[PDB]
S.K.: 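Model shown: Dual specificity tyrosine-phosphorylation-regulated kinase 1A + silmitasertib.
To match the PDB entry, the residue numbers of chain A are left as they are there, and the shown ones run 135-480. The basis for the numbers below is simple: all heavy atoms, side chains too, and nothing from hydrogens, waters or symmetry mates. Both counts, for ligands and for their atoms, begin at 1 and track the order of listing.
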Amino acid sequence: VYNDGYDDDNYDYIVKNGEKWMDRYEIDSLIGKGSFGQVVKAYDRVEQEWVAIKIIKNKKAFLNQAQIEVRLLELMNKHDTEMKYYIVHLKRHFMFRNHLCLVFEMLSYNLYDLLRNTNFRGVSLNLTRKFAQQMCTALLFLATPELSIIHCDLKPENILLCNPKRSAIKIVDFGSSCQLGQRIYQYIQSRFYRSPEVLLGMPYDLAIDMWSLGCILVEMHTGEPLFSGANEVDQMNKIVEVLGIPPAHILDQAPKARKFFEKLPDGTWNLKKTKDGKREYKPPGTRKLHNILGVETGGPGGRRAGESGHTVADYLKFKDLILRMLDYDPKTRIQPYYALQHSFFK
Ligand SMILES: O=C(O)c1ccc2c(c1)nc(Nc1cccc(Cl)c1)c1ccncc12
């Protein structure tokens, strides 16, 4: 009784291995499920190639959002820049049995899958560098004036390997993305990678992606997330643990500022008083990124100690660029063009 027997009770098209669609697509198997719906592996009998079909849920709310996602992907293809090689390519889309389907290029595993293969010990600084450089290029593509696309959900699971034996990557899942101004949501990023301006309920631009990328690169080398917030309040505190109290000029304009801080008569800002009055966090700015990365002590947990490619100078450059991506001020946060000119990329 769900789409004449084609959908389950959760608005998802029941994937039948071996089904042939529109005499063109030979569906192989289901790759995985997400909030939007499902992604399946399929062969295009026409192009004689493998593709990944993103099947949106048969529900108005999910359809209306995937329409924005399509227009954003089509607008990206209208700009034949080399930089969109770090964005996944949408080949075509169609409606099949009341489902909007997006035909993407076939890719490999996501960066979180990669971290799991290292037992979350992390990948090398050289690999992290290559991930960083491709990602800043992708962020610079979206920063193009005619585009001005905020991704809004950058996270390791949204960065895919083109091939499991190489370092090339592509950003996927633009389902939460918007163009500047046309921002429609206030609760947009994944907690672990949520920018302080979003946490504080302030206006946001394309810089929120840069913040997420900074959190991604640190996790890609250490293997564990930089800010493991169990909720919005725990998230904002774990950031303060590393970067200190947000500057007074940002907190003076944050609608949600009193969710995490209180203004002392001094004219200064400080964390709220936990009800229990107990210690759950380190004092602000006392959990140093210097020691998180193991700059002078052999890398994250001393794992890279005595190994090529992880010199003290290499970490000093890495820590500097990361601290520029983790700038509280979205207007001073390093932007993709100048991030690419950072000495960390030599
Ligand atoms: O959203 C996109 O733009 C998007 C675009 C391409 C892929 C994708 C998502 N997700 C994939 N895999 C995947 C893995 C787990 C769960 C889900 Cl739902 C999907 C995948 C695999 C291979 N090649 C391309 C893709």
S.K.: Hey, which residues are hanging around silmitasertib (ligand 1) within 4.0 Å, heavy atoms only?
M.R.: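 The heavy-atom site around silmitasertib (ligand 1) is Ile165, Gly166, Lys167, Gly168, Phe170, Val173, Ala186, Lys188, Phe238, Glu239, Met240, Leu241, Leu294, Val306, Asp307.
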S.K.: I need the source organism for chain A from the PDB entry - what is it?
M.R.: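 Per the PDB, it's Homo sapiens.
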S.K.: Considering only heavy atoms, which active-site residue of chain A per UniProt sits closest to silmitasertib (ligand 1), and at what distance (nearest Å)?
M.R.: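 The UniProt active-site residue closest by heavy-atom distance comes out as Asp287, 9 Å.
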S.K.: List the UniProt domain of chain A that dominates the contacts with silmitasertib (ligand 1).
M.R.: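 By UniProt annotation, Protein kinase.
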S.K.: Which ATP-contacting residues per UniProt in chain A have a heavy atom closer to silmitasertib (ligand 1) than 4.0 Å?
M.R.: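 Counting heavy atoms against the UniProt list, it comes to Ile165, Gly166, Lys167, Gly168, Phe170, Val173, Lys188, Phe238, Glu239, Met240, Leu241.
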